[PDB]
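A look at one PDB structure holding voclosporin.
Chain IDs: alphabetical, in sequence-line order. Chain A uses the PDB entry numbers throughout; the residues present, in order, are 1-165. Numbering, chain B: per the PDB entry, residues 1-11 in sequence. Non-standard residues are represented by the parent amino acid or X, and atoms in excess of the parent are not counted as contacts.
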Amino acid sequence: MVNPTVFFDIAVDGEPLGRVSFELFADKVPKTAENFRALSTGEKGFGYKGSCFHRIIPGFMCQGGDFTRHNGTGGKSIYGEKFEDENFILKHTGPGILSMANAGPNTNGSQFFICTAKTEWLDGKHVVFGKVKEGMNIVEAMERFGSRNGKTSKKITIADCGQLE
Amino acid sequence: XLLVXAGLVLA
């Protein structure tokens, strides 16, 4: 199977910023990739469209995916409230890595993070499932609205999202 | 510290 590609159209306080696209490594983690892909298209009736990045820490990562509570307490997977860590084949190699947020072993929902650095200390605890293809400069622009404690100075939103192929 | 958690954010 060819690895799927998804896009996010990012807005700052409602104003278009740019497009970010991701390669999803379905050849390593098909269950995790599929979940992100489906929440990106909205085909299940719910997903990332209109959600925000509630937690951005400069030099570290941008966290999003909480489309039910918008603060880190919510979100759900296409498989149910949670699913297992599929595997840890892939590592946090550097900027652009797309990886699952969680609340301990086997608690994957819909929350994810895009790294803006190598985050090796997270290897084996967070399932890496993708990487930024185009629009790393958009991610870098998003990053600048974050702070040390994660709070954003402006509303960073996924105005639109879906699948390219 | 620098974690990416969902609910109880730790140091």
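- Every copy of voclosporin included, the relevant parts of the model are chain B.
- Looking only at contacts, the largest set of contacts to voclosporin (chain B) comes from what the PDB entry names Cyclophilin A.
- Entry annotation: chain A, source organism Homo sapiens.
- Grouped by UniProt domain, residues of chain A touching voclosporin (chain B) are mostly found in PPIase cyclophilin-type.
- Near voclosporin (chain B), within 4.5 Å on a heavy-atom basis, the structure shows A/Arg55, A/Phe60, A/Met61, A/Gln63, A/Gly72, A/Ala101, A/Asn102, A/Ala103, A/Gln111, A/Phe113, A/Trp121, A/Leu122, A/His126.
- By chain and number, residues of voclosporin (chain B) closer than 4.5 Å to chain A by heavy atoms are B/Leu2, B/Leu3, B/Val4, B/Unk5, B/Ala6, B/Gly7, B/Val9.
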